[PDB]
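Presented below is an entry in which one can find cefotaxime.
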Amino acid sequence: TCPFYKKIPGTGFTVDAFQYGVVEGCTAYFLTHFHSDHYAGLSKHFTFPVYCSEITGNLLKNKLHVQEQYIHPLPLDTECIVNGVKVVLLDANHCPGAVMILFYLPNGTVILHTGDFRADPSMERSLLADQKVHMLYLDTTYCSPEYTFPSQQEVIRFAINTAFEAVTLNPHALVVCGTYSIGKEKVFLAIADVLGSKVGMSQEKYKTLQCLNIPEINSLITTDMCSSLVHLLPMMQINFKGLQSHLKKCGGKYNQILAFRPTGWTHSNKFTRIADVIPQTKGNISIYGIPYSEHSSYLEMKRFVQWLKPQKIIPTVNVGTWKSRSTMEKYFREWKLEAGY
Ligand SMILES: CO/N=C(\C(=O)N[C@@H]1C(=O)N2C(C(=O)O)=C(COC(C)=O)CS[C@H]12)c1csc(N)n1
Ligand SMILES: CO/N=C(\C(=O)N[C@@H]1C(=O)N2C(C(=O)O)=C(COC(C)=O)CS[C@H]12)c1csc(N)n1
Ligand code: NI
């Protein structure tokens, strides 16, 4: 049974609702981005129109084998008509191909569905600013003040400087980055760039990255793993045992691994007050937990919502418990009272 927050009222549209069979009344299925929790259910046997970004369409065609006749890629920042309703797709600042959707309802209402997003002040000076938005379907992943983390730029600076120093001190070191989906490509691409290396990876991951329209990416990635100083591994292998086993590969041409894992999103006086990143180390293997996020921090989310001033907010994340629903509604009310909308 499709939850109500996945249906757009006054339309026959659903958003990220592919695991519920045939949704009654749905004439178009929007997919905000290619993450498993959102595309769950899509396959080569889906026979309804899917509306998405071009990059998401590339992944649907090449990774899930969705038939081309049902993939409807839409350009960003462009007014499009879908089944009699004007829509606009905007970059969500999440993972490649991820979009927010503006719906211009026939009754004059405007709805913004953020998909998954990392709110940024740049969104306030975009075409989002050119009309009132009445209802907001909000990515509330980190809707609590303890969710603080640096800008992606600060985190990438840390990772680049850490990896460059380690490999320049020890040219026999290897950098490993963990991955389980698309997104956070900047981490391993930036490290490989500063090291003059390509990123070695599995054929399956290589295929995935080939779908993302990343400029000059043939110059940055390879399936020849031992020829590179940066390797991508499945996230489940980013542990001392998994990295020890990997070090035994490639003829043992490396004697050190620095691994990067995205983690560490909670920081407050209650829990992990110090945000400074220090690796977990065992012998010649170090694992850096870096707070690289592709969701809004609490402050980023708050700023965006107080700028947008929506009349109604419908969370799309963390609404499975009464505690989380209640806390989120308290924050929305706080934000509304502070900003006066
Ligand atoms: C900075 O690292 N943050 C991590 C992570 O990758 N941690 C690591 C890992 O695996 N380790 C193991 C391990 O491999 O078991 C041990 C235990 O070994 C010792 C010290 O003797 C200690 S923590 C380290 C993390 C955050 S969320 C998650 N799933 N992992
Ligand atoms: C308003 O609450 N509506 C719910 C509900 O309990 N919602 C939830 C929420 O948020 N969840 C997330 C979440 O937090 O992300 C996922 C995760 O989903 C995936 C597949 O990633 C699964 S549903 C649970 C509901 C669920 S089924 C139904 N008819 N109503
Ligand atoms: Ni996502």
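Here chain A follows the PDB entry, giving residues 700-1040 in order. As the structure lists them, so they are numbered: ligands from 1, and atoms in each ligand from 1. Side chains included, hydrogens not; waters and symmetry mates left out as well; all remaining heavy atoms used.
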Ligands or chains of cefotaxime: ligands 1 and 2
Cefotaxime (ligand 1): main contacting chain per the PDB entry: DNA cross-link repair 1A protein
Cefotaxime (ligand 1) binding site (4.0 Å, heavy atoms): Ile937, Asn938, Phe939, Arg960, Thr962, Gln979, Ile986, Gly988
Which of the cefotaxime (ligand 1) atoms, numbered from 1, are nearer than 4.0 Å to a heavy atom of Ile986: 1 (C), 2 (O), 6 (O)
Min N/O separation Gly988 to cefotaxime (ligand 1) under 3.5 Å: no
Test of proximity, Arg960 against cefotaxime (ligand 1): N or O pairs below 3.5 Å: yes
Which of the cefotaxime (ligand 1) atoms, numbered from 1, are nearer than 4.0 Å to a heavy atom of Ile937: 6 (O), 10 (O)
